[PDB]
Amino acid sequence: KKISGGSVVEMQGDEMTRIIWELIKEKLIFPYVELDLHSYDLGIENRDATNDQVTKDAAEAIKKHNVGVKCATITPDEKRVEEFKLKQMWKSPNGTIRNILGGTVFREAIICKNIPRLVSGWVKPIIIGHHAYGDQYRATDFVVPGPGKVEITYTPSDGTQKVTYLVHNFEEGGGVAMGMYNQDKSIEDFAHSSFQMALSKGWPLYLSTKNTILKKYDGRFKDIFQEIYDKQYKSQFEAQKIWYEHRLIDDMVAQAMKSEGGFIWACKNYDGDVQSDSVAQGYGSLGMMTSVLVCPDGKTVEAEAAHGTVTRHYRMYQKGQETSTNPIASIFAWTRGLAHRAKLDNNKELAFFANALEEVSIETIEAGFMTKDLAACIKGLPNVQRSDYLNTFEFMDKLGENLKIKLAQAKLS
Amino acid sequence: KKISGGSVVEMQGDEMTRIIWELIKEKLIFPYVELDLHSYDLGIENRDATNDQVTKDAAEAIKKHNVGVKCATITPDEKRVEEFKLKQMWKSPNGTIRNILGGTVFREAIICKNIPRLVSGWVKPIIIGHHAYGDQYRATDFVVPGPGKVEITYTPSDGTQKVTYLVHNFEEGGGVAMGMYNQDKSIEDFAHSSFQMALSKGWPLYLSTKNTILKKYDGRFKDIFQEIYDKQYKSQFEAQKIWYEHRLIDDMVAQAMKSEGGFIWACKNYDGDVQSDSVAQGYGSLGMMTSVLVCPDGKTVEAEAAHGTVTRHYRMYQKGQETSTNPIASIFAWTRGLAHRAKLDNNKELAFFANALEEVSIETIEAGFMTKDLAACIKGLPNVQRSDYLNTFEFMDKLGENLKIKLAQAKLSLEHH
Ligand SMILES: NC(=O)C1=CN([C@@H]2O[C@H](COP(=O)(O)OP(=O)(O)OC[C@H]3O[C@@H](n4cnc5c(N)ncnc54)[C@H](OP(=O)(O)O)[C@@H]3O)[C@@H](O)[C@H]2O)C=CC1
Ligand SMILES: NC(=O)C1=CN([C@@H]2O[C@H](COP(=O)(O)OP(=O)(O)OC[C@H]3O[C@@H](n4cnc5c(N)ncnc54)[C@H](OP(=O)(O)O)[C@@H]3O)[C@@H](O)[C@H]2O)C=CC1
Ligand SMILES: OCCOCCOCCOCCOCCOCCOCCOCCOCCOCCOCCOCCOCCO
Ligand SMILES: C[C@@H](Nc1nc(N[C@H](C)C(F)(F)F)nc(-c2cccc(Cl)n2)n1)C(F)(F)F
């Protein structure tokens, strides 16, 4: 009857994405696929009840079963503490999971040909791999109050000679200073994840640094990537007629705007983070941005939407006002997780299903059925009328009918 | 009968831009302008021979004569050391010059009517206000060879106790660490140049930081800009119905991509570096962008192309293949440098020459004669044929033809009379 899906780790989420997540399971997944589902409720309340232990348990389950699909979750702040009366201000579950798995998140826009892009020549997506460790995000910065000397020092653990460098001698007034770092193993894992992602997609890979300026700091990224490429991955790239190349960051961003798309882009922490919103708006909507965490083994993945829980739409839903929330990124978390599960298990039936759900979602939007965010990209939000879009539940119903028709004609060979 | 040009500091560069540089001088400058030329060879080989002292010499010359025009230069890494057998990995000459001169680098695309953009919304220009001092260009980075503790310390001049901050304790391996800084006074001058540029153009101004992560480092930039705005510029902005607003760099990049253009973008050193190439490409080509470093005094300027030596095109040139590198940005380094020289000396003839060469450049491209990069914006790179563009030297020939006619008509005109 149903396709045997295998073991999948499922992580339930919050707010509007929580509603869509159950609609996806009930209307798109469960009628056709039978899964060994290991479910973890990462809803903000269950996280509070378990003192965030449910988040660590889910990450360990992903490590054992190799495939996880996650719904967007609330990252607590001070207002969230008051809203839910949380015991503590729990940290981001995405950060906790990524730190336990040790992978790199790759974000990819889902492209439908009728949705215009802000950059004219983009025909294929640009997949950015984000090294989410170190650099500015673990740095120590401080105000320099007046004249004085700032130095950075290194004291070896083996008791050998301590090294000291002059950062700056403030002579006239004050200013600011900061120290930051990165780690060899994290960079090596970042490289492995990047090479594995490029090989799975069959696309070339680019790493961006500023090693001409940061000769030691950024040069280490360039050296680690090149040595791992030359020793472990180059023949696989050549056999697929792809390649790896290092580029300076300023040249790289311009090359990305000029390109047609269709490459993997390994980004340092800052470079990947600061442009994520622009890539989403550049291709259309945040609702079309999916993501996958790829571990250096190439075997363990965790897929999820690259956007949040869409709190503003959830507030409208709570007051009975019509919402039109895009489910594509959430749906593609399931198809990408299920497609990886099928690749691990040599499951042709599941691989066919995952691709069929992708085609169904793209064909539906390209046929003119879309949510308000996509209609606004075509027409401009001030010009969007009610007849231009389907609400959140109508669009899920339309996807469910098209998927049923697609699989029914696929069963007729 | 040549135009008396005055004192100009010239800095020769590397690879493809070095070849274009000589063509500009022999075809567009030397036949029409007689200069008191102070030339410094910043080619990678002469920098290696002088142990990079020629770079410091050029910066001091710019300080003395107040006008510098620089060709793009190689900043070496390990690959360049082996290529040229260098004595060491010399620091970027631009970082050295900018950190001696200080100030703000203003960068803006060169717009021709027949060149489609990559960002269709950018109907107005975007001017990048790039802080030229500190941050990554004056950073101290090193390899961490193994387990150990990295700390950053502050020892105040007032004799009180040293302050020690833990950066990271490497426990099981090695990695990298670095320290960087900036100075209150240079941030203040950066703010003043940004506000004054916005008021001169009549456009709003935005400053982008990452103060959500670097609350102290980037918070200082945000605080200094807001302090100077509220106390010295806010009323003037409101008189022109413009404004200044701080933006998170994440929001600013997305906001700029959705925008109509027509604003000044004050950027920190690293961000202004990336945005220079990105904004140039969005309007058409890296070869169509000016860049002028303006020192806090306003008297000294260093003009340059925003792009690099175009190594990839030079590699084709070395193979004996025809290349179509865009020389406009390098030409506008000369015209912008000479225009400031004319302003300092109140040299009407030289001021006319600089503007005339810029007009000839625009007019030549808008007439259909352009390099391959601009033909690709019109036709799309998969569709461009050899018949659609000129190589670098044919294009320089066409410019020289039109400039000779333009300057000949100027000397017969009434304004010269
Ligand atoms: N993956 C994760 O677990 C992440 C979770 N979050 C959490 O999500 C919550 C909300 O964060 P927020 O800043 O609002 O960011 P969101 O991504 O949730 O939403 C921001 C805006 O983007 C638009 N948007 C995003 N996703 C969709 C979609 N699927 N369909 C239609 N429009 C969409 C909406 O615009 P408009 O209002 O104009 O219609 C929305 O208001 C926070 O608690 C945050 O911590 C945040 C980031 C990642
Ligand atoms: N101000 C300076 O002195 C600078 C010096 N450099 C140095 O230059 C060298 C090369 O740097 P790189 O990263 O390649 O950056 P470049 O700016 O030199 O070139 C990158 C790419 O941009 C395009 N491009 C740039 N300028 C032009 C132009 N005038 N006409 C047409 N296309 C152009 C070309 O793209 P395509 O290949 O698609 O045709 C080129 O391959 C390095 O040694 C670097 O240190 C770099 C930046 C600034
Ligand atoms: O057939 C499936 C299709 O279903 C469509 C969507 O289904 C949604 C189901 O989501 C998953 C839930 O299923 C698992 C069971 O979960 C148990 C409860 O899960 C918690 C989800 O939150 C539900 C809302 O309750 C939150 C409790 O309130 C806390 C704060 O309360 C504030 C006061 O309430 C405000 C109500 O609105 C006010 C409007 O003015
Ligand atoms: C989606 C765009 N990515 C991107 N765009 C810009 N600039 C835009 C062109 C604009 F000027 F409009 F803001 N900058 C960056 C960047 C990256 C790393 C560090 C920094 Cl500081 N910036 N990334 C892409 F790919 F289309 F170029």
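Read the sequence lines top to bottom; their chains are A, B, and onward. Shown for chain A, in order and in the PDB entry numbering: 3-415. Numbering, chain B: per the PDB entry, residues 3-419 in sequence. All ligand and atom numbering here is 1-based and tracks the order in the structure. Heavy-atom basis, side chains included; hydrogens, waters and symmetry copies ignored.
At ligand 4, the PDB records name the drug as vorasidenib. The main binding partner of vorasidenib (ligand 4) here is, in the terms of UniProt, Isocitrate dehydrogenase [NADP] cytoplasmic. Other chains making heavy-atom contacts shorter than 4.0 Å with vorasidenib (ligand 4): A, B.
Distance from atom 21 (Cl) of vorasidenib (ligand 4) to its nearest protein heavy atom, with residue and atom name: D273(B) OD1, 3.0 Å. Closest to atom 11 (F) of vorasidenib (ligand 4), if we only count protein heavy atoms, is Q277(B) OE1, 3.2 Å. Relative to atom 27 (F) of vorasidenib (ligand 4), the option among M259(A), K260(B), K212(B) with the closest non-hydrogen atom is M259(A). Here the shortest heavy-atom distance to atom 13 (F) of vorasidenib (ligand 4), taken over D252(A), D275(B), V255(B), belongs to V255(B). Under 4.0 Å from vorasidenib (ligand 4) lie no other ligands or ions. The organism reported in the entry as the source of chain B is Homo sapiens. Residues of other chains with a heavy atom under 4.0 Å from vorasidenib (ligand 4): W124(A), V255(A), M259(A), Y272(A), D273(A), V276(A), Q277(A), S280(A), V281(A), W124(B), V255(B), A258(B), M259(B), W267(B), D273(B), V276(B), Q277(B), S280(B), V281(B).
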